[PDB]
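Depicted below, rupintrivir (bound form) in association with 3C protease.
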Amino acid sequence: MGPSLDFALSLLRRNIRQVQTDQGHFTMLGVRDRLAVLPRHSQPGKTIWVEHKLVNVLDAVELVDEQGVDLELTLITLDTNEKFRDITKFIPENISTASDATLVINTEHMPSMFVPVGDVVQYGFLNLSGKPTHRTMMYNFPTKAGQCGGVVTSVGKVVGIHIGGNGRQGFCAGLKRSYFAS
Ligand SMILES: CCOC(=O)CC[C@H](C[C@@H]1CCNC1=O)NC(=O)[C@@H](CC(=O)[C@@H](NC(=O)c1cc(C)on1)C(C)C)Cc1ccc(F)cc1
């Protein structure tokens, strides 16, 4: 509710970017330095649109956890002029569920949008259009196409990235701090 909403708003300007790839429109969380995270499904190429600018991509590396499981997110590094404000400290050391979370969407079509998704609960194994992953979490909210990459936040942590849904529920890849270690 209110507390996750205001924390979510504090991330928006400095860290939550509108992007476009050949696959469509996505929300992108910038984490530190020139490092950001996107859904694998966005399939970033050699350039990517960020806000109004076509930006060269330094690399895109699929995020695979310490158990060898693809998390369906890719870590992208960018030929941006400025570094992102470092939000490492807001990514929890442990994958975290949360009550009354906020999902932040920021795309050209859904700009600066805060979605009260309610409680985010453990889900675990998830088969997303035939691609299996784990460590996912679920919220009973009817998320939509165009919300992938959306940032799931608690009172003061960034806990997940929206990756899929079935029309009545939504699912995020869980985040923990070690995923972003250099
Ligand atoms: C570029 C445009 O594409 C997009 O908009 C990305 C947006 C949507 C957001 C969905 C869109 C709808 N409700 C939502 O919240 N995401 C996907 O579509 C994903 C597929 C699903 O959500 C599928 N769901 C399940 O499999 C699923 C399983 C359970 C359990 O619940 N849902 C549905 C398409 C059927 C794409 C994907 C494929 C393979 C993966 F490794 C990982 C992801």
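Numbers in chain A track the PDB entry; the residues on display, in order, are 1-182. In listed order, ligands and their atoms are each counted from 1.
Counting repeats, the structure shows rupintrivir (bound form) at ligand 1.
At least one heavy atom of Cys148 sits closer than 4.0 Å to an atom of rupintrivir (bound form). Those atoms of rupintrivir (bound form) that come under 4.0 Å of a heavy atom in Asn127, given as number and element, are 26 (O), 28 (C). In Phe141, neither the side chain nor the backbone holds a heavy atom less than 4.0 Å from any atom of rupintrivir (bound form). Shown in contact with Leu126 at under 4.0 Å from a heavy atom are these atoms of rupintrivir (bound form), numbered in order with element: 28 (C), 29 (C), 30 (C). Not a single heavy atom of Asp70 sits closer than 4.0 Å to an atom of rupintrivir (bound form).
The proximity of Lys144 to rupintrivir (bound form), defined as any non-hydrogen pair under 4.0 Å, is limited to the backbone.
Distance screen at 4.0 Å: atom 16 (N) of rupintrivir (bound form) has a protein heavy-atom neighbour inside the cut-off. Taking every heavy atom under 4.0 Å from rupintrivir (bound form), one finds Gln23, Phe26, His41, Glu72, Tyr123, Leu126, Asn127, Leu128, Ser129, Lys131, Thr143, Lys144, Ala145, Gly146, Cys148, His162, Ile163, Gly164, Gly165, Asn166, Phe171.
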Dump all N/O pairs between rupintrivir (bound form) and the protein below 3.5 Å as a table: atom names plus distance, one pair per row.
{"residue": "rupintrivir (bound form)", "atom": "5 (O)", "partner": "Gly146", "partner atom": "N", "Å": "3.0"}
{"residue": "rupintrivir (bound form)", "atom": "13 (N)", "partner": "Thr143", "partner atom": "O", "Å": "3.2"}
{"residue": "rupintrivir (bound form)", "atom": "15 (O)", "partner": "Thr143", "partner atom": "OG1", "Å": "2.8"}
{"residue": "rupintrivir (bound form)", "atom": "15 (O)", "partner": "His162", "partner atom": "NE2", "Å": "2.8"}
{"residue": "rupintrivir (bound form)", "atom": "15 (O)", "partner": "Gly164", "partner atom": "O", "Å": "3.4"}
{"residue": "rupintrivir (bound form)", "atom": "15 (O)", "partner": "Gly165", "partner atom": "N", "Å": "3.4"}
{"residue": "rupintrivir (bound form)", "atom": "16 (N)", "partner": "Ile163", "partner atom": "O", "Å": "3.2"}
{"residue": "rupintrivir (bound form)", "atom": "22 (O)", "partner": "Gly165", "partner atom": "N", "Å": "3.0"}
{"residue": "rupintrivir (bound form)", "atom": "22 (O)", "partner": "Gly165", "partner atom": "O", "Å": "3.3"}
{"residue": "rupintrivir (bound form)", "atom": "24 (N)", "partner": "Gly165", "partner atom": "O", "Å": "3.0"}
{"residue": "rupintrivir (bound form)", "atom": "26 (O)", "partner": "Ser129", "partner atom": "N", "Å": "3.0"}
{"residue": "rupintrivir (bound form)", "atom": "32 (N)", "partner": "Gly165", "partner atom": "O", "Å": "3.3"}

